[PDB]
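Next structure: contains GC376 (bound form).
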Amino acid sequence: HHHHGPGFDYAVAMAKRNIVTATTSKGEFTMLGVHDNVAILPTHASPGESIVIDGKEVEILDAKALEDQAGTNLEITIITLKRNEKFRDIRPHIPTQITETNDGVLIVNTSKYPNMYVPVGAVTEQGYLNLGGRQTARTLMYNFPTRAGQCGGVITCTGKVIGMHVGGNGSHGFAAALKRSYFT
Ligand SMILES: *[C@@H](O)[C@H](C[C@@H]1CCNC1=O)NC(=O)[C@H](CC(C)C)NC(=O)OCc1ccccc1
């Protein structure tokens, strides 16, 4: 087998064109660009009227904090950027279903955690979880000691973008599940 396996190669290829580092008033977050001018951040990143990407202020046209049908926070905020550059459309890589895997990779890219690729192993649906005081729905859980600064990180498996890191309790990490219908 190749030294660098399919999960890693997929993560790196996804990151190169669809992950940027965004700075809000709450600091730097890994940020997935989904299509056109649409990206996602952890809701607690609290994007304001603008964010910094690549040292430049980029206006935010809209920010939509996602909730499930019962009103429960999903901890995903969809933001729309005022700029002409379009993100490679990766919607086809986002599953229609909340998706588990035996082999997930957490992708983080900030000045604190530059080019971080971690195979977190099993990614399992958890559902409703109180994340340190923030009630959250549709979470995924992995057994890896994630830390502050990694939120916004992308969870992938080969061929799919399945979650966005939002929390952790010391020994485990938690992601907001991604579904294609969020972006269509
Ligand atoms: C990223 O901003 C950060 C990542 C956490 C920090 C510790 N390890 C991580 O992976 N997310 C949070 O700090 C987060 C923000 C909420 C408003 C969603 N809350 C959090 O992770 O609380 C800790 C906790 C999680 C689950 C059960 C009990 C406590």
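This chain uses plain numbering: 1 for the first residue, then up along the sequence. Technique stated in the header: X-ray crystallography, 1.7 Å. Order of listing sets the numbers, starting from 1, for every ligand and every atom in it.
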**OP:** Give the place of GC376 (bound form) in the structure, all copies included.
**Re:** ligand 1
Original post:
What is GC376 (bound form) bound to in this structure, taking the chain with the most contacts and naming it as in UniProt?
Top reply: Protease 3C
Subject >> Active-site residue (UniProt) of chain A nearest GC376 (bound form); heavy-atom distance >> reply: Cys151, 2 Å
Subject >> Contact partition for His44 relative to GC376 (bound form), non-hydrogen atoms under 4.0 Å >> reply: side chain
Subject >> Contact partition for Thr136 relative to GC376 (bound form), non-hydrogen atoms under 4.0 Å >> reply: neither
**OP:** Using a strict 4.0 Å cut-off to heavy atoms of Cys151, name the atoms of GC376 (bound form) that fall inside it.
**Re:** 1 (C), 2 (O), 3 (C), 4 (C), 11 (N)
Subject >> Main UniProt domain of chain A at the interface with GC376 (bound form) >> reply: Peptidase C3
Original post:
Counting both backbone and side chain atoms, is some N or O of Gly168 under 3.5 Å from an N or O of GC376 (bound form)?
Top reply: yes
Original post:
What residue and atom sit at the other end of any covalent bond from GC376 (bound form)?
Top reply: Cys151 SG
Subject >> GC376 (bound form) versus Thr146: contacting region, heavy-atom distance under 4.0 Å >> reply: both
Original post:
Within a distance of under 4.0 Å, is there any protein heavy atom near atom 13 (O) of GC376 (bound form)?
Top reply: no
**OP:** State which organism the entry records for chain A.
**Re:** Human poliovirus 1
**OP:** Provide the residues lining GC376 (bound form) within 4.0 Å, heavy atoms only.
**Re:** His44, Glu75, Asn130, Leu131, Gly132, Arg134, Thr146, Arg147, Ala148, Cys151, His165, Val166, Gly167, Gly168, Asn169, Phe174
